[PDB]
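Report on one structure; see the data block that follows.
Sequence lines map to chains A, B, C, ... one by one, in the order shown. Chain A uses the PDB entry numbers throughout; the residues present, in order, are 1-16. By the numbers in the PDB entry, the shown part of chain B spans 1-16. So how was this one determined? The header says solution NMR. Modified residues are listed as parent or X, with no contacts credited to their extra atoms.
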Protein chains: 2
Amino acid sequence: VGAXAXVXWXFXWXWX
Amino acid sequence: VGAXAXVXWXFXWXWX
């Protein structure tokens, strides 16, 4: 949750 | 995985 990989920014879900 | 909350930086495991 937040940034890198998961839900948030970068990879997986959300943005980036 | 990476940053915010989980394993990596901020909350949960690793650093921050």
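Lab note: drug at chain A identified as gramicidin. The deposited model's entry lists chain A under the name gramicidin B.
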